[PDB]
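Worksheet: one structure, shown below.
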Amino acid sequence: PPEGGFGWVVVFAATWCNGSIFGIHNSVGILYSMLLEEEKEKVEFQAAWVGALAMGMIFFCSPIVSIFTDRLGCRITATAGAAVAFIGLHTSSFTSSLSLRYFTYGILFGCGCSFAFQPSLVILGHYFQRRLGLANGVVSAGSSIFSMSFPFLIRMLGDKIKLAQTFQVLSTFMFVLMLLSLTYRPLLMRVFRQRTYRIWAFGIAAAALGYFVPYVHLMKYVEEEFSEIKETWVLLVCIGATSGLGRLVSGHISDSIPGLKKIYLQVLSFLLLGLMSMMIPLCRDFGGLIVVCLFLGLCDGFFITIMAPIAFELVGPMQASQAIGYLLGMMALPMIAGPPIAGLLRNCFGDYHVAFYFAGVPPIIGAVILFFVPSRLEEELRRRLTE
Amino acid sequence: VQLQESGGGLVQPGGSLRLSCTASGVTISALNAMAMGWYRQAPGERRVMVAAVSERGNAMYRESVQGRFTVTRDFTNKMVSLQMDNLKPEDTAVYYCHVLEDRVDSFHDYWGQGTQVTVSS
Ligand SMILES: N[C@@H](Cc1cc(I)c(Oc2cc(I)c(O)c(I)c2)c(I)c1)C(=O)O
């Protein structure tokens, strides 16, 4: 693998992909939150469920995307996914606040994004062997910057037009992504049998449960208990900014650690995440809460950026796609289950402390689980003792 | 890799016996990349691993002989000591020092000059 030269343009295209997808998701969610700000309607419960459904479909459809990628190729599947996403996002505008919006913006957009996403992770493997960590770090950092820039691009740099045309405007991004997908030049049911991969995937899935609770409830908590604050947009901006640097440095360092020993980084990350999450209620002064948010954002990147390189390490290149597909499919449920459970706890108790207390446990349990992943040599010793 | 088993002989039932040898023809650094262990072979049996210590320092046993068998590893001195207690007649066999070395998508299993051990009254 060149691990250089041309590969950079592929990295650029993948950055564009991720930035468009997650950027859109978050922007549309914020827009809906803004429409419900002053009016009961403009359906509330279903409106909230719509975004969750769209986000979930990305994780839920990964295995079938894996099959299609393996049997057709990264380029064709990526192009088809981009085309479907564009069609869905364009037609959603025609649907004027009707249940048709449910169907289109959920099914069409989610399935399109799911088709487009996984190849954006697989293709990099073909072009990087001794620097894949740095490439993934760069892709994540670029995508994060793109997402953080998207709302500035929409709200203030434009959006002089009524709300109905916002989807139409957003469509062009997916069209451009469809064009970019043509650059994925191809250079060249059984994965679960491996004990190591099974354990790792199960641990990650278990940790994933208490993941979105901070992002979804921090603002409400701060407003509830720190109304004296002028504005609380600072925390989210700071978390994103630190997450960018965390992702980049994590990708750069991951290549240093050889072999499976990379997993120890994830272990530490999880531990820190759990502790900080449990620590938010304690800190009773904003001056400390901001620092805790800083550290949370810093650990988030160290966690996210590493999953793909570890997968390639565990299963090799010829099976990375299927492993990633199954791993994402296994994360479908807990991520959705998290925030609603936190909300139920908040209703049951009233104070918001118990929500974060609960949210802090799953990552610790995940760290403990990952701590016991056997090494290859020990697998061989097991086999020997089997004979 | 060179090995020379020290210890063995006849023991009474319920007795104790300690085997140990120093890795030869291998450096400390190389050894730490290897798993030290032992092999059992009774008359007519095939040589089979019974105990070993991992790269990560973990000890692992064949559960049948666990407890009655014990292994400890001193990486500095390149020493692995196979302690055994509560010996029984079924344990009679020749035991061989072994080193497992990892290689590129492959492994190398080395053998020592085994020592006979018998358990009878
Ligand atoms: N707004 C959040 C949404 C999000 C979080 C995670 I955690 C995630 O899970 C993975 C799994 C693998 I495997 C990856 O290579 C990557 I990159 C992310 C995915 I998909 C999306 C974000 O943008 O992170």
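Residue numbers begin at 1 in each chain, while the letters A, B, ... track the order of the sequences. Both counts, for ligands and for their atoms, begin at 1 and track the order of listing.
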- Item | Drug name (ligand 1) | L-thyroxine
- Item | Chief contact partner of L-thyroxine - name in UniProt | Monocarboxylate transporter 8
- Message: Can you point out the other chains with any heavy atom under 4.0 Å from L-thyroxine, by letter?
- Response: A
- Message: Could you help me figure out which residues touch L-thyroxine at a heavy-atom cut-off of 4.0 Å?
- Response: A:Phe22, A:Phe59, A:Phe117, A:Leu121, A:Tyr211, A:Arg247, A:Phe303, A:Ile304, A:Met307, A:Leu328
- Where does L-thyroxine sit relative to the transmembrane segments of chain A: which ones, by UniProt's count from the N terminus, have a heavy atom under 4.0 Å from it? 1, 2, 4, 7, 8, 10, 11
